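The next PDB entry has nintedanib among its components.
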Amino acid sequence: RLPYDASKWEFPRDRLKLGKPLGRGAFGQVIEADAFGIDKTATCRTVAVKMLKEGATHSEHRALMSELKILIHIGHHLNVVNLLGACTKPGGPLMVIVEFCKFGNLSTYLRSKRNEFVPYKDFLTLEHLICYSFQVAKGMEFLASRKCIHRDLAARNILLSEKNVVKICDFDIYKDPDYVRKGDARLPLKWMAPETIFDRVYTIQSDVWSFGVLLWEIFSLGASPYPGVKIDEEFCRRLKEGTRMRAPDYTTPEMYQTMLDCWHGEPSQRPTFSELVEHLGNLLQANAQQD
Ligand SMILES: COC(=O)c1ccc2c(c1)NC(=O)/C2=C(\Nc1ccc(N(C)C(=O)CN2CCN(C)CC2)cc1)c1ccccc1
């Protein structure tokens, strides 16, 4: 759609060697791959490649090329999943090469660390959890500055790479039910602000609500929000009137206070991601203080 600077972005297909799919979805697939020299050094880096499936409608091609263009628009930040390059020229498939985050989505990761957590000292600790939280806030402050709205901020959509760096991704009902297991899905409604459940309107301050739900997910070590409750039209009703989740098993009091601040029923009275970054950095620095 928008102009495309091939000098900056085009990567040669003959320096890309595809491996196995990391995941396959309704509209495309993400393949694990090796790229030679994509960061301008003389190195092989494992990257992830968004590309189409073998079916592939012109609407599915147009969408990937739109995502590529939007990624170029957003630009780089440590705490988003970054565009590394693309292959768009005649001679092969459309491929959008992005950062590989080896540990996978954060929800699944945290659930896997439940017998490997200690509040403070290999293991996860409060330091890790407030870190992940600050990093997602830093990531979202950046996206707000690019005038983006995420619309589906959840711990499933946060990826973990090396050195406890965590990165926001914008992507089940899809996957083959013969192969579907217990947490292989998530009900997005549980992350939606009252004004979005109800009026279907997305803003950056509705993303601040979902960030609160994400915080809850981090500090439950990857449990599902609203435990027990069935999500009917009275869930909604109660939600719009003031009902909120209880503190999860691994929260500190300050972090639970922050969830509740992010769940202000009134969008303008929720913290901004700039205010969350400042407050969460304070909490992070306090946590590792000494005597
Ligand atoms: C805009 O950018 C994007 O949109 C985007 C989207 C997805 C990913 C991405 C960028 N970048 C990644 O890394 C992604 C995934 N990554 C992944 C990583 C590790 C795993 N895990 C834990 C494995 O075990 C995989 N394992 C395979 C074998 N080799 C040897 C090692 C890695 C699984 C998925 C992933 C993709 C599909 C769905 C879930 C996540």
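Chain A residue numbers are taken from the PDB entry; in order, the displayed residues are 819-939, 998-1047, 1052-1171. Only heavy atoms go into these numbers, but all of them, side chains included; no hydrogens, no water, no symmetry mates. Just follow the structure's listing: the first ligand is 1, and inside any ligand the first atom is 1.
Counting heavy-atom pairs under 4.5 Å, the chain with the most contacts to nintedanib is listed in UniProt as Vascular endothelial growth factor receptor 2. When distances from atom 39 (C) of nintedanib to the protein are checked, no heavy atom turns up under 4.0 Å. Near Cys919, with a cut-off below 4.0 Å to any heavy atom, the atoms of nintedanib are 12 (C), 13 (O), 16 (N), 18 (C), 19 (C).
The UniProt domain of chain A holding most contacts with nintedanib is Protein kinase. With a cut-off of 4.0 Å on heavy-atom distance, the UniProt-listed ATP-binding residues of chain A close to nintedanib are: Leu840, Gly841, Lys868.
For atom 15 (C) of nintedanib, the nearest non-hydrogen atom from the set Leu840, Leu886, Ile888, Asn900 comes from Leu840. When heavy-atom distances to nintedanib are checked against a 4.0 Å cut-off, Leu1035 comes that close only through its side chain, counted from C-beta outward.
Atoms of nintedanib found under 4.0 Å from any heavy atom of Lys920 (numbered from 1 in listed order, with element): 19 (C), 22 (C). Covalent bonding of nintedanib in this entry: none to a chain. Of the polar atoms of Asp1046, none of the N or O atoms is found under 3.5 Å from an N or O of nintedanib, judged by distance alone. For atom 24 (O) of nintedanib, the nearest protein heavy atom lies 4.0 Å away or farther.
Counting only heavy atoms of the protein, atom 1 (C) of nintedanib lies nearest to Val916 CG1, 4.0 Å. In this structure, atom 27 (C) of nintedanib is in close contact with the protein, since a protein heavy atom lies within 4.0 Å of it. Annotation: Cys1045 places no N or O atom under 3.5 Å from an N or O atom of nintedanib; distance criterion only. Per the entry, the species of origin for chain A is Homo sapiens. Nearest to nintedanib among the UniProt active-site residues of chain A, at a heavy-atom distance rounded to 1 Å, is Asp1028, 12 Å. The single protein non-hydrogen atom nearest to atom 31 (C) of nintedanib is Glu850 OE2, 3.5 Å, given as residue, atom name and distance.
Each of the atoms 13 (O), 18 (C), 32 (C) of nintedanib lies under 4.0 Å from some heavy atom of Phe918.
Nearest-residue assignment for atom 11 (N) of nintedanib (options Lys868, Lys1043, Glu917; heavy-atom criterion): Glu917. For nintedanib, the residues with any heavy atom closer than 4.0 Å are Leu840, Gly841, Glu850, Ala866, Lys868, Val899, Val916, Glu917, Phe918, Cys919, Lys920, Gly922, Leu1035, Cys1045.
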